[PDB]
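Proteins come first, then strands; the chains are lettered A, B, ... in the order of their sequence lines, and each starts at number 1. Only this structure's heavy atoms are used, side chains among them; waters, hydrogens and symmetry mates stay out. In each ligand, atom 1 is the first atom listed, and ligand 1 is the first ligand listed.
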Amino acid sequence: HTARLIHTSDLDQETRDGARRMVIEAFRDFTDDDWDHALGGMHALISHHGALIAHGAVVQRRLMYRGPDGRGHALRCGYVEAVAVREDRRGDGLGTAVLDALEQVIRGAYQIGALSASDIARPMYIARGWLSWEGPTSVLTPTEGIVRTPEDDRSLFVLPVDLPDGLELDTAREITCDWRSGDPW
Amino acid sequence: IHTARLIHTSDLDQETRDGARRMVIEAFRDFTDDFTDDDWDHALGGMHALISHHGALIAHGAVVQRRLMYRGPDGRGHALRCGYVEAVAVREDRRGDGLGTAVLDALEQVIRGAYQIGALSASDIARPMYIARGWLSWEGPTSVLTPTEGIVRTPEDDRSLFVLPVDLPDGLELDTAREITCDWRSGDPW
Ligand SMILES: CC(C)(COP(=O)(O)OP(=O)(O)OC[C@H]1O[C@@H](n2cnc3c(N)ncnc32)[C@H](O)[C@@H]1OP(=O)(O)O)[C@@H](O)C(=O)NCCC(=O)NCCS
Ligand SMILES: CC(C)(COP(=O)(O)OP(=O)(O)OC[C@H]1O[C@@H](n2cnc3c(N)ncnc32)[C@H](O)[C@@H]1OP(=O)(O)O)[C@@H](O)C(=O)NCCC(=O)NCCS
Ligand SMILES: CN[C@@H]1[C@@H](O)[C@@H](O[C@@H]2[C@@H](O)[C@H](O[C@H]3OC(CN)=CC[C@H]3N)[C@@H](N)C[C@H]2N)OC[C@]1(C)O
Ligand SMILES: CN[C@@H]1[C@@H](O)[C@@H](O[C@@H]2[C@@H](O)[C@H](O[C@H]3OC(CN)=CC[C@H]3N)[C@@H](N)C[C@H]2N)OC[C@]1(C)O
């Protein structure tokens with residue numbers, strides 16, 4: 001099982017519609033906004049006989065972290081969205097293949113990987129070496145400043161790959177994402 | 001005719017990345033480079049357009065994903081998915097022969113295929129080229145969404161921005177006289 005990696009702009013609209021239908025069904029809670037969040041980066045795709053059986057995406061965002069010394073960091077983040085395997089093909093390494101391709105993008109292009117894991121996905125990320133975030137989560141809003149996202153506490157994983165020299169993340173500290181509509185994480 | 005290759009940052013060999021950075025720095029040339037380490041860093045994370053000829057990188061550009069914050073004339077805020085154009089450059093001795101056009105042709109294919117809006121901050125030099133390709137001059141005040149103050153004006157970026165509205169949400173009126181705000185990053189916000 002190997003995933004193809006393709007930019008959103010190189011994806012035909014029928015394959016985009018097909019990936020979106022496969023992802024909605026795999027979550028059936030996956031909304032229009034959740035799909036919009038998966039656009040603009042690299043998709044990992046696995047098909048069988050022109051049926052999409054696995055998908056994931058990694059999109060560029062800024063993750064804001066303030067160290068104990070008070071210095072702010074706006075990290076180039078590869079954010080993992082719309083990871084899904086068709087129900088009948090689960091427990092066969094398709095998830096592993098999707099994440100191998102998305103982590104290739106994260107390690108090659110970003111300072112840090114981040115995602116907000118569904119309950120069923122948690123064991124996957126733990127086994128791949130992703131760090132659980134235990135500190136409080138927030139979003140930088142345009143009109144209210146930093147606003148706590150308590151519904152997202154205890155859901156975050158990070159993959160520090162190329163942090164600025166001398167920066168080590170304390171996972172008990174606050175972490176902030178950039179503003180978007182729908183679920184910020 | 002040269003056609004630019006589109007390559008994600010993650011697919012570039014470190015030797016190719018170092019070469020592209022050195023080519024772009026030289027293209028923008030004091031001992032203080034106009035094109036800085038932060039400017040190169042801003043070009044990372046998205047799709048590069050590369051033109052190579054006989055072992056020389058002769059042209060580069062990149063488009064990276066950002067959020068562009070815009071409040072419409074009805075009071076409603078939008079966080080648009082933006083293809084932001086960085087590090088566009090042609091080696092000096094190859095300028096005026098359509099390489100810059102070929103780079104922007106490739107980057108615009110990315111923007112139109114993946115984003116709601118394109119945006120860039122142009123050298124006063126390059127304003128005619130963007131106007132001719134159908135980019136719109138931003139006339140209103142520019143700002144940056146900071147994590148410690150709120151939206152902070154960026155007056156050094158005023159009358160530098162161009163946008164390419166490719167796929168705005170239904171009923172969004174884009175008025176270029178209004179404020180526009182970028183997401184926060186170190187170095188030049190625009
Ligand atoms: C999450 C999901 C994509 C995983 O797909 P999958 O095909 O079941 O996953 P895989 O078989 O590739 O297994 C992924 C890895 O997790 C491991 N794993 C799975 N369940 C595990 C568990 N309970 N404990 C430890 N490891 C576990 C597997 O061993 C595998 O690692 P390995 O290849 O090293 O053995 C799938 O359950 C799904 O689509 N769910 C619905 C949509 C969803 O919630 N997605 C959220 C994405 S964050
Ligand atoms: C700006 C730059 C990328 C243009 O690339 P180029 O290959 O020289 O330009 P092209 O030949 O593709 O011409 C595209 C347009 O640029 C303009 N232009 C800019 N410099 C030009 C030059 N030296 N000769 C001819 N046209 C030039 C022309 O208006 C042209 O439109 P036209 O072909 O319809 O006449 C390039 O000259 C450069 O690297 N300069 C450094 C500044 C910079 O990097 N800006 C990037 C975005 S702000
Ligand atoms: C309360 N604790 C948590 C609970 O809130 C929830 O976390 C959500 C998480 O899945 C969401 O992301 C996944 O789901 C979808 C579809 N919605 C799209 C992308 C997927 N990566 C994220 N966008 C928002 C999180 N809040 O599940 C895990 C949890 C531990 O139970
Ligand atoms: C106030 N006057 C303005 C003046 O500040 C300047 O704008 C700058 C613009 O070039 C910069 O982008 C270019 O340069 C570099 C290297 N630095 C990288 C990518 C290039 N697209 C942008 N990052 C910041 C802008 N402030 O030129 C236009 C102007 C109107 O004259």
Checklist line | Drug identity - ligand 4 | finding: sisomicin
Checklist line | Partner of sisomicin (ligand 4) with most atom pairs under 4.5 Å, per the PDB entry | finding: Aminoglycoside 2'-N-acetyltransferase
Margin query: Could you check which other chains have a non-hydrogen atom under 4.0 Å from sisomicin (ligand 4)?
Written below: B
Next item on the list: Before signing off on this row, confirm whether B:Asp157 and sisomicin (ligand 4) have an N or O atom pair separated by under 3.5 Å.
Entry: yes
Check: Looking only at N/O atoms, are B:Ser160 and sisomicin (ligand 4) under 3.5 Å apart anywhere?
Finding: no
Next item on the list: Would you mind checking which non-hydrogen protein atom is closest to atom 28 (C) of sisomicin (ligand 4), with the distance to 0.1 Å?
Entry: B:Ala122 O, 3.1 Å
Notebook entry, point to check: Most contacts to sisomicin (ligand 4) come from which UniProt domain of chain B?
Noted result: N-acetyltransferase
Next item on the list: Could you list which atoms of sisomicin (ligand 4) come closer than 4.0 Å to a heavy atom of B:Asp124?
Entry: 27 (O), 28 (C), 29 (C), 30 (C), 31 (O)
Checklist line | Recorded source of chain B in the PDB | finding: Mycolicibacterium smegmatis (strain ATCC 700084 / mc(2)155)
